[PDB]
Trainee: 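A structure from the PDB, with methotrexate included.
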Amino acid sequence: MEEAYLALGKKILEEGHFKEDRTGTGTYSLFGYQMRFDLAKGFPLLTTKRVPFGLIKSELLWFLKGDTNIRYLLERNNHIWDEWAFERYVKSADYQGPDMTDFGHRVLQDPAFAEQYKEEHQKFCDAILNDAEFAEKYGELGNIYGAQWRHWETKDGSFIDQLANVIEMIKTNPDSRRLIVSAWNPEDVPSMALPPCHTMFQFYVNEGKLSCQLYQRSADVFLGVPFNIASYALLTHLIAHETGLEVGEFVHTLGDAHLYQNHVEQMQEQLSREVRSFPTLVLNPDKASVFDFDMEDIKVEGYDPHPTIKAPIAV
Amino acid sequence: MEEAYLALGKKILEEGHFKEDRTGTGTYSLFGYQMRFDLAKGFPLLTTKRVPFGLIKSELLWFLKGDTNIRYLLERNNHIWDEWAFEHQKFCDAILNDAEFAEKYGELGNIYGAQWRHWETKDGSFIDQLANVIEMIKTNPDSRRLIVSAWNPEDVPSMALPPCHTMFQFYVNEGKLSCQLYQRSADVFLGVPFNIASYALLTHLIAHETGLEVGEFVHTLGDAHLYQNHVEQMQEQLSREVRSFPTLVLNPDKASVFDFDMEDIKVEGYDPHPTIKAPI
Ligand SMILES: CN(Cc1cnc2nc(N)nc(N)c2n1)c1ccc(C(=O)N[C@@H](CCC(=O)O)C(=O)O)cc1
């Protein structure tokens, strides 16, 4: 239930001790958490603030087609993966605009700098979208979620399609205890723009219902977790659709659940709002495979949330 | 709290879903569970039934030193894998006497020790996950990436018993080390008690190695299942009055944990109820 999520954010506000982090922003943090969402009770897209499903869709599709290049994402006007690509670009030999050291923090404090970042960011996206050589070198994120789900590279010159295998074990072996997809590949971690935040997931089956547990090593509570819940819920409806099954519980397990110190006013303002009905997910009955779904094949209807609460993304 | 485990077995008896596998094995089942153990309240060896700590020690020391060979376990009366290795005593004996014969037939290959200390790459090199996470702990305690993984999908479909312990994550706040463990499948009566002690000891060992106090051990389960002829044994356990967990005592005169042998790990104040027997 939404309440479960809202309770996480309260609990970190109350009890989460302060902890320095890679990004430099600062966080309040807990270790070890578990939220459950019965998906039969509604599609878990938060109603206490507007959460952009279109962006959740395209990021999922992007993960399922096995792709790790932002061009696809930018073609559908999704900029949620932009900064890590931009950061890679500005640290490269090829970049020659103004010094973008520390842009993640300096856009908040310095207005003529944010304008400069805004300019460079705009030429970066237009280069990715219109220069195939540039897209190819600088849209790339490494072997992040998509590469590991579809094309986990083997020792002897091949690849394992993890996701597709697990879908097929669900169909023929619904009681197996190894319905597991991992994105944590120790070989590829240092190559990755970021190691996987949602690290690994497991499926389970009882009386014709499909349930999923996610292990998430690092959980950005205000910005990310609303994405991840919806992302993994959508994935579960997709797999239940392909596999001919009803939809079960999504269980969200966390390692470091953190509230960025600059998300606190947002998380308090979110707590002051009454919970509304979850929406209903709608899928194309004509599509048969998880991997056949496109943007028009997935809608959410009945979504009537409270207003957008803006916050700054860490790094 | 030991009551977290006890509520878990009680919830399985009450709400667990029955299933029956190809061999004809019954189980009662739940998906998604989390138990926490505050290690400053005591070391979580079960008091409601006797749990054999020696076997947990020997087996954790064997994973920790990266050893995949039974000779170590055999020198310490631990027998839990001399089946996937096996006139019987002739073999056990020969492993224990002949210097070469142990290497020839006592190797077990790919399991926790090899995966924690020796994860093979494409170019033929090896990653020592555990060693690396220890230096990360000392040098970057605020890291959200203190992860060790036992799950390679290249090797799982090939292997005899794929790891029930799929990954663990460390965490540090205010001079205190915690560990969360994701376990994809769990024997609630015989395995889980065995696994709570193991991973709490691991946490204690890594805290000693890095000069930290112990925080929590968090146990997260996927498929948690009670075998149908553990029911009578689980019910018998829930009728017994919880006691205080005991105290772990680690030898303070050995600096590194990679030198710890059986004699250097002691449990004090351990007053469990009688051993409960069951099939495995
Ligand atoms: C890609 N992604 C997953 C991802 C990757 N690295 C991360 N790194 C950190 N520190 N925190 C995260 N949540 C995070 N998340 C993200 C990234 C940004 C937003 C985000 O800024 N969303 C805004 C803006 C949405 C919009 O474009 O309108 C929101 O209001 O929810 C969400 C998910």
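Chain identifiers are assigned alphabetically from A in the order in which the sequence lines are presented. Here the PDB entry sets the residue numbers for chain A, with the shown residues being 1-315 in order. By the numbers in the PDB entry, the shown part of chain B spans 1-86, 120-313. Hydrogens, waters and symmetry mates are skipped; everything else that's a heavy atom, side chains included, is used. Every number for a ligand or one of its atoms is a count from 1 in the order of the listing.
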Trainee: Which macromolecule here is the main partner of methotrexate (ligand 1) by heavy-atom contacts, as listed in the PDB entry?
Mentor: Thymidylate synthase
Trainee: Which other chains line methotrexate (ligand 1) with heavy atoms at under 4.0 Å?
Mentor: A
Trainee: Short list, please: which atoms of methotrexate (ligand 1) are under 4.0 Å from a heavy atom of A:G224?
Mentor: 13 (N)
Trainee: Among all the protein's heavy atoms, is there at least one whose distance to atom 26 (C) of methotrexate (ligand 1) comes out below 4.0 Å?
Mentor: yes
Trainee: Which protein heavy atom lies closest to atom 9 (C) of methotrexate (ligand 1), and at what distance to 0.1 Å?
Mentor: A:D220 OD2, 3.7 Å
Trainee: Run the numbers for me: atoms of methotrexate (ligand 1), each under 4.0 Å from some heavy atom of A:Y260, listed by number.
Mentor: 10 (N)
Trainee: Using a strict cut-off of 4.0 Å, indicate which atoms of methotrexate (ligand 1) neighbour a heavy atom of A:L194.
Mentor: 6 (N)
Trainee: Report the nearest protein non-hydrogen atom to atom 31 (O) of methotrexate (ligand 1): residue, atom name, distance rounded to 0.1 Å.
Mentor: A:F227 CE1, 3.3 Å
Trainee: Among all protein heavy atoms in this structure, tell me which lies nearest to atom 2 (N) of methotrexate (ligand 1), with the distance rounded to 0.1 Å.
Mentor: A:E59 OE2, 4.0 Å
Trainee: Under the 4.0 Å line, does any protein heavy atom show up next to atom 15 (N) of methotrexate (ligand 1)?
Mentor: no
Trainee: Check this for me - methotrexate (ligand 1), A:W81, N or O atoms closer than 3.5 angstrom, yes or no?
Mentor: no
Trainee: For atom 4 (C) of methotrexate (ligand 1), is the nearest protein heavy atom closer than 4.0 Å?
Mentor: no
Trainee: Considering only protein heavy atoms, which is closest to atom 6 (N) of methotrexate (ligand 1), and at what distance to one decimal place?
Mentor: A:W84 CH2, 3.3 Å
Trainee: Specify the protein heavy atom at minimum distance from atom 29 (C) of methotrexate (ligand 1): its residue, its atom name, and the distance to 0.1 Å.
Mentor: A:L223 CD2, 3.6 Å
